[PDB]
Asks: 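Here is BI 201335 bound to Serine protease/helicase NS3.
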Amino acid sequence: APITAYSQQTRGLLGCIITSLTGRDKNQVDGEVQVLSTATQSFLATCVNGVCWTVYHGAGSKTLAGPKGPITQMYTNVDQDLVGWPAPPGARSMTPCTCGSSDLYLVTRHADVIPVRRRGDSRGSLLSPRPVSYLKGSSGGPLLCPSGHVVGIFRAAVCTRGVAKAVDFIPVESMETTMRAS
Amino acid sequence: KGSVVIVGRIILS
Ligand SMILES: C=C[C@@H]1C[C@]1(NC(=O)[C@@H]1C[C@@H](Oc2cc(-c3csc(NC(=O)C(C)C)n3)nc3c(Br)c(OC)ccc23)CN1C(=O)[C@@H](NC(=O)OC1CCCC1)C(C)(C)C)C(=O)O
Ligand code: NA
């Protein structure tokens, strides 16, 4: 595959509990994708045009801990399972893909890059199936075209008996709609 | 009242 990734951890269990309570994160931010956590779940945010986008079923209505304290959501759409906070400064903002390619790449929280075949506006087949457990925690993760532009973010896995054969995602078009409607 | 917290990042190339 063309696209590669790696991760870097920035916080541990105690620091996360504290930062959650204070809402103030002074760590330098970097990367195209942020790995997020709350008290109960982990998920990802993809930063696209100055906004870091993730799923509602992960973030709910919560603020994001920021350098100036908690950041309020700029966009909240419960029915599309989409939320967005203004992107922290060091976050590397990605570009929306508009040509729409056939072959897509899902970036997981493990920084693995998984080949996906687009099947429609918001659906993509895994070229080889993976355990559900392997994708869990990667909601909000980007689906990219080979060029590295973002076509959508990971929302739900299509699976049977613990095996995922396809993914449902929120298309960048959805992000347009939410921003305009607000 | 708890905030969502960045615990890591992923760098693309
Ligand atoms: C295995 C990993 C997958 C990526 C992952 N996602 C998830 O775990 C998501 C979260 C939840 O799915 C959704 C939640 C909400 C949702 C909105 S608000 C809300 N919650 C609240 O309001 C609470 C406060 C109660 N949930 N909206 C959705 C929408 Br809209 C969809 O539109 C097509 C599709 C799925 C949605 C279940 N799920 C799934 O992936 C589940 N799959 C599933 O629902 O099947 C999908 C439906 C569309 C294609 C097949 C399963 C693997 C757990 C069985 C994750 O890691 O979290
Ligand atoms: Na990798």
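Labels below follow one simple rule: chain letters A, B, ... track the order of the sequence lines, proteins then strands, and each chain is numbered from 1. The header says X-ray crystallography, 1.9 Å. Heavy atoms only: backbone and side chains are in, while hydrogens, waters and symmetry mates are out. Both ligands and their constituent atoms are indexed starting at 1 by order of listing.
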Asks: Which ligand or chain identifiers match BI 201335, all copies included?
Replies: ligand 1
Asks: Name the other chains in heavy-atom contact with BI 201335 below 4.0 Å.
Replies: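 The other chains with a heavy atom that near are A.
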Asks: Give, by chain and number, all residues and nucleotides of other chains with a heavy atom within 4.0 Å of BI 201335.
Replies: A/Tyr56, A/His57, A/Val78, A/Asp79, A/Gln80, A/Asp81, A/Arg123, A/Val132, A/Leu135, A/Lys136, A/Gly137, A/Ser138, A/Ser139, A/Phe154, A/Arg155, A/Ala156, A/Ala157, A/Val158, A/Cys159, A/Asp168
Asks: Which of the UniProt domains in chain A holds the largest share of residues touching BI 201335?
Replies: Peptidase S29
Asks: Is atom 23 (C) of BI 201335 less than 4.0 angstrom from at least one protein heavy atom?
Replies: no
Asks: Note the single closest protein heavy atom to atom 54 (C) of BI 201335, along with its residue, its atom name and the distance in Å.
Replies: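 Protein heavy atom with the smallest distance to atom 54 (C) of BI 201335: A/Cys159 SG, 4.0 Å.
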Asks: Hey, quick one: which residues UniProt lists as binding Zn(2+) in chain A have a heavy atom under 4.0 Å from BI 201335?
Replies: none
Asks: Please could you name the atoms of BI 201335 that A/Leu135 approaches to less than 4.0 Å, counting only its heavy atoms?
Replies: 2 (C), 56 (O)
Asks: Nearest protein heavy-atom contact for atom 6 (N) of BI 201335: which residue, which atom, what distance?
Replies: A/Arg155 O, 2.9 Å
Asks: What I want to know is whether A/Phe154 and BI 201335 share at least one N or O pair that is separated by under 3.5 angstrom.
Replies: no
Asks: Look at atom 8 (O) of BI 201335 and say which protein heavy atom is nearest, naming residue and atom and giving the distance to 0.1 Å.
Replies: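 That would be A/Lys136 NZ, 3.0 Å.
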Asks: Students should be able to answer this: which protein heavy-atom is nearest to atom 57 (O) of BI 201335, and at what distance?
Replies: A/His57 NE2, 2.8 Å
Asks: To which protein heavy atom is atom 51 (C) of BI 201335 closest, and what is the distance rounded to 0.1 Å?
Replies: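 Answer, as residue, atom name and distance: A/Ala157 O, 4.3 Å.
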Asks: Report the nearest UniProt active-site residue of chain A to BI 201335, with heavy-atom distance to 1 Å.
Replies: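 Of the UniProt active-site residues, the closest to BI 201335 by heavy atoms is A/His57, 3 Å.
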Asks: Would you mind running through BI 201335 and noting each atom that sits below 4.0 Å from a heavy atom of A/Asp79?
Replies: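 Counting atoms of BI 201335 from 1, those under 4.0 Å from A/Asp79 are 30 (Br).
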